[PDB]
Amino acid sequence: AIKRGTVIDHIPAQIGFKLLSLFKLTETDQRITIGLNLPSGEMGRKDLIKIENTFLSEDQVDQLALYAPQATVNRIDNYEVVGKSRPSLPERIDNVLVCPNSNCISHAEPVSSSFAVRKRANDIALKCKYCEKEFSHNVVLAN
Amino acid sequence: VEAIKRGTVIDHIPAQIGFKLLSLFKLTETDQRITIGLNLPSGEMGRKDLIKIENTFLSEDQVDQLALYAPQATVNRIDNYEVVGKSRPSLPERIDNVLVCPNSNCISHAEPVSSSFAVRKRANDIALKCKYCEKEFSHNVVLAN
Amino acid sequence: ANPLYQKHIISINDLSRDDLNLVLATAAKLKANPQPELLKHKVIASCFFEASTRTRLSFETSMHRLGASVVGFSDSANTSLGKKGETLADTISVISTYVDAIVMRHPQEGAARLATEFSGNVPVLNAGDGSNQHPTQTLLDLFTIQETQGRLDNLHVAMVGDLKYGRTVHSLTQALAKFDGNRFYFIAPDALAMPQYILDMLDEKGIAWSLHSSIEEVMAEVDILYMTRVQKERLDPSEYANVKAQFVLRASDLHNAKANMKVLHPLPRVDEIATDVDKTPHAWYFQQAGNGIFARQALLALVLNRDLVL
Amino acid sequence: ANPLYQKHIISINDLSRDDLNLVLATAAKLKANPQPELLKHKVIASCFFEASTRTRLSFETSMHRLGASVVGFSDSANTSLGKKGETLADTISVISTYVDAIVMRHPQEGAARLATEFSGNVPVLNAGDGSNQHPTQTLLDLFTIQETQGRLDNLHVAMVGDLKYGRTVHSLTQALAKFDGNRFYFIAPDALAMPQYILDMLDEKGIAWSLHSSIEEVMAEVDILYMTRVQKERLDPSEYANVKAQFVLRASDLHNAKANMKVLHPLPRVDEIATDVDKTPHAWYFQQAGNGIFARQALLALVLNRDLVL
Amino acid sequence: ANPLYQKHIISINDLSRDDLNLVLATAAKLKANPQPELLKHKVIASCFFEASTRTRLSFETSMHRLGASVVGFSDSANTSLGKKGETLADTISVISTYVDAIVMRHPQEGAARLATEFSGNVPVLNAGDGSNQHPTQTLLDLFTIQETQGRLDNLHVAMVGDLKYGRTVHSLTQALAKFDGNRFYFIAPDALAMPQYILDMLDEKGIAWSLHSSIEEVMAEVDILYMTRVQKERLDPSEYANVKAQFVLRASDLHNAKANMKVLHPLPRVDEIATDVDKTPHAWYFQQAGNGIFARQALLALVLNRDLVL
Ligand SMILES: Nc1ccn([C@@H]2O[C@H](COP(=O)(O)OP(=O)(O)OP(=O)(O)O)[C@@H](O)[C@H]2O)c(=O)n1
Ligand SMILES: Nc1ccn([C@@H]2O[C@H](COP(=O)(O)OP(=O)(O)OP(=O)(O)O)[C@@H](O)[C@H]2O)c(=O)n1
Ligand SMILES: O=C(O)C[C@H](NC(=O)CP(=O)(O)O)C(=O)O
Ligand SMILES: O=C(O)C[C@H](NC(=O)CP(=O)(O)O)C(=O)O
Ligand SMILES: O=C(O)C[C@H](NC(=O)CP(=O)(O)O)C(=O)O
Ligand SMILES: [Zn+2]
Ligand SMILES: [Zn+2]
């Protein structure tokens, strides 16, 4: 158990390591604990990331809803969970994604990528601000 | 961080190296239970990284590959909860597969072969000589895949 | 100020039915009663990074008919973007310090939208961005349909040819779907079908559409037969089997057409419309072209003037 | 079997002083007493993926002098690698089922080494791989230095021009460093300097070398002045300042040259050696080229014939 | 004289089962007991008007193994046909006054047949004519199927890839159809299907064949999986959707393959066979290529030497 910081729980197997990379989580001096392929009651196998004295940026929380929808973000102070929730899905995602339309202007020019995210069971939809094309987030994750 | 019954514990990894080891040698591409502590107190190093991989073992060669990033690490081999083997990485003769030759005109980039470099100590740095093009480089400028 | 004053005109998706009606009403008025000094003292940039005959020339003619001056280029090869490595962002950043509006066509999707991010208070009018949108084509298309049909609702509209890469039909379908009870017939090669996002839009609004492998299937039903060119400069080499027009309209295919049916085509045509069609009463693609003048004048007047009185 | 029987000949760095001496001893013997049928019933591939006059033609001539047949190509454009997208690996995999040895020159460093990994039991002889190695040049070079100087040790050797990209000097320096007491002068533009891996090797063996900015500085003490061409086809555009030869040798620069001194050049030369040098008694680059026959005959004999020649 | 003495070898459709068996019997004999002087005093033209690695080099190697000399060209660009406008007919008319046989590959179908009409008494051997025939590929293919399967009848043979333009499968299918009880599976994109004249021939002989959309469908029953390259240099632009290999064989697809099954490919391959197949025991395309020597030695011997070899 940790005193203060974040525990990202119920991460799908083979996703925990990806999160470490993308959110640059290990680029800190703060103590970190990681469990990969842990046994899970509701999931069977899970990944788990603990980061002391550290909280996810608003950006990272938004990005988490895409990569790991059913994951659990626990906020912790004085050894207690003072905040527990799945990451709130945003309607817009900037910077991190790459439009799969190869003739999109956003590849050649100094602008930040931007997608209108639309939760759409099953696959969540991403519409590019520039080319106006829409894609499954399964396809957009091919950055 | 918690003891394991069977597998490998890579202990005394320098800070900021643990993640590099996981990325480079693809240690997390498995279904075995892995446990990692980053920025743990050492009282020997100040700060250390620690990687535990269950039901998984590393040969002398695989252990030696670590020498380029964690030359003074300790690799513990574990069975029925006991440390049955401790070894320290020694510098390998070669580094294959994981690195990319920085010479753009090297044949290794266009053809179905695996990368390969001879390893040697130069002036307190590590020099890498490509098996194919025979050009030599500081290990710093030889990128990973 | 009028609802379009100082607005960017990028995508039909950003315009309402009332917006489109306003341009059409304004276009009808300017056609009936010219305003040669409406845009006096305006200088407008005409920036075409991609080939054009109708869109550039009608746009520039429109500017002159309203008394504005024109600067720009019909090719990017002699701009600093063409020879000195300049980004499009920077290009727009400087040109928008010179002019009162920017008309732009460009080979990539999104170029116009991007321009709006560097053009500050200077409005950008999208003359075509890759295979995405072509708003002013839709404006003159609507104007033409209205003129010949007396209405923009309860129409039977066939769109034929390259629907995938046809920015013309992307904009037109979205516009007609803002009106009531229109019905669509899509006649296209499988490889060049109307994109799914257009279809989904039609579904959400409860608009009827269907696919057909022949013009004759629907000739007797249609009020508007909208023909398109295969956009060969847009095709992936894998799609090269579709370079030739699959559907070829000839004068004899019109024998069972409704008397008041019009054949439209944003042009240029290659072979998808035979020249023997030109003399039939159904041919209206050149009159359609002509209407680009009044639609584009209308759009320019509304964007650059707070209020018009006519 | 002789030590070189069925061996790949890829890099001088792989050979010992004993190997080099064996080639030269065999060269002397075949020159004195030709053996026109030694490689009777061999068929050898001559595969050049970049330009050559001397290396390919002397190699092929040497094969014929020993009675072997020759198949291959002098450019890749009409191989299946050139037109159908085949890898070098598959190219070697099939050619190695036809022939008794493969001689190859290639524009990418490491190509010969790679070929050895697909050639099975068929020896690969490196006629040059990018800016890396040129072992048979070194063999004929050594033969020529030996002929003209009477020895291969305790020599003063200057190397001039493009040392960075000269596969010739990479191989020759490594080779001369295997003999005792040789001293090197490197005369090169800074951008085209002798690579560090070569310099390190010299240091490690305790061999003296120094850099010089002119030829005249060392003319009085050199036994061998090894001139080189700027390898313009290997230069990055960032290095185009050095395309023109920085050091031009003329007949008048030879005033203070030792009587025994020979001017060598692996060739082709551009202007780094003026034509007026040709008639001087120090000019030996054409003689050097002719020695390629004896060195290359010797190497083929040693690789393809199990017994030492007599 | 043996039945093939002085015969043109243009099309498998012109040869009988007996002819094919004669070549294979002769190939076996020469492989077991080489005859290095059999074609001593022959000079043979090797004339390639399109790219080749295997066919040209194995043919030339075979000529040298039998003691014949070789003249020719590996591309037409520096012939008088290439630069002075000469017809193929006049080219053959003069070359046939020099040499004892002509081996030719050409990008137009029917070129070898035409050559026979101008070559007088000089035999023409077709090394490939456009997308038509490739008889010597078929000979080495048959030799390889025989070596690995122990027979040429009652086999299950799948052919995969570009069947429309593969001269290889045109010739091989016609050849295998001359033996009894073989069954064919054709796995091809619809646009590149096996031509009707081949299918008709199978029907007429009562030979079973079927079309399949996957390799896995037939993997469990095939003795020979004959993979092919998409002949991109022969495709009409209308067929560019098929440039990329539609069927990719990997090591894992071989789980249910019979133990005796061999994977063949006339080569070069692009990606239709993954490199991981190379190490599996079913991979036999390099062995196949090496068999070209024995088949082509046999054919030259039979055509140029009146007696049967022993
Ligand atoms: N001081 C603490 C408290 C909690 N945790 C971690 O936070 C996660 C969730 O905390 P908790 O609500 O106490 O556990 P659960 O009841 O199992 O929550 P859930 O139902 O979401 O699994 C657990 O992995 C726990 O190890 C921690 O690392 N440090
Ligand atoms: N069943 C076990 C046994 C050991 N360990 C780990 O293996 C490492 C070394 O084991 P051990 O020799 O018992 O500890 P030390 O004496 O501290 O070894 P060293 O001096 O090399 O640090 C420690 O990180 C310990 O946590 C483990 O995870 N599970
Ligand atoms: O090019 C087409 O076929 C349709 C359409 N055509 C036009 O706008 C007419 P123009 O290119 O002559 O200005 C377009 O999208 O550019
Ligand atoms: O090209 C040079 O300058 C030196 C050297 N030259 C030769 O080998 C002579 P050639 O290219 O005519 O065979 C080489 O590395 O290729
Ligand atoms: O090209 C092919 O894919 C098959 C076949 N290939 C060969 O004959 C081998 P090569 O072209 O190297 O002589 C051909 O028809 O030319
Ligand atoms: Zn986009
Ligand atoms: Zn390299």
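Below, chain A is the first sequence line, B the second, and so on; all start at residue 1. Just follow the structure's listing: the first ligand is 1, and inside any ligand the first atom is 1. Partial entry shown, contacts counted within. What's counted below: heavy atoms across the whole structure, side chains too, no hydrogens, waters or symmetry copies.
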Review point. Drug at ligand 5 - which one is it?
Key: N-phosphonacetyl-L-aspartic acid
Practice item. Give, per the PDB entry, the macromolecule that holds N-phosphonacetyl-L-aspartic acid (ligand 5) with the most contacts. Key: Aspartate carbamoyltransferase
**Study point:** Neighbouring chains of N-phosphonacetyl-L-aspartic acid (ligand 5), heavy-atom cut-off 4.0 Å
**Key:** D, E
Check your understanding: Purely on distance, is any nitrogen or oxygen of D/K84 under 3.5 Å from one on N-phosphonacetyl-L-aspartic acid (ligand 5)?
Key -> yes
Review point. Counting from 1, what N-phosphonacetyl-L-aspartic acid (ligand 5) atoms have a heavy atom of D/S80 closer than 4.0 Å?
Key: 10 (P), 11 (O), 12 (O)
Review point. Of the protein's non-hydrogen atoms, which lies at the shortest distance from atom 6 (N) of N-phosphonacetyl-L-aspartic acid (ligand 5), and what is that distance?
Key: E/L267 O, 2.7 Å
**Study point:** Distance filter under 4.0 Å to E/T53 heavy atoms, resulting N-phosphonacetyl-L-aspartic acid (ligand 5) atoms
**Key:** 10 (P), 12 (O), 13 (O)
Check your understanding: Can you list the atoms of N-phosphonacetyl-L-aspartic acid (ligand 5) that are under 4.0 Å from a heavy atom of E/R229?
Key -> 1 (O), 2 (C), 3 (O)
Check your understanding: What protein heavy atom sits nearest atom 15 (O) of N-phosphonacetyl-L-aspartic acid (ligand 5), and how far off is it?
Key -> E/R167 NE, 2.7 Å
Exercise for review: List the source species for chain E given in this PDB entry.
Suggested key: Escherichia coli
**Study point:** Heteroatom proximity flag, E/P266 to N-phosphonacetyl-L-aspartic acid (ligand 5), N/O under 3.5 Å
**Key:** no
Point to revise | Under 3.5 Å: N/O of E/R56 near N/O of N-phosphonacetyl-L-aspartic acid (ligand 5) | key: no
Point to revise | Backbone or side-chain N or O of E/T168 under 3.5 Å from N-phosphonacetyl-L-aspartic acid (ligand 5) N or O | key: no
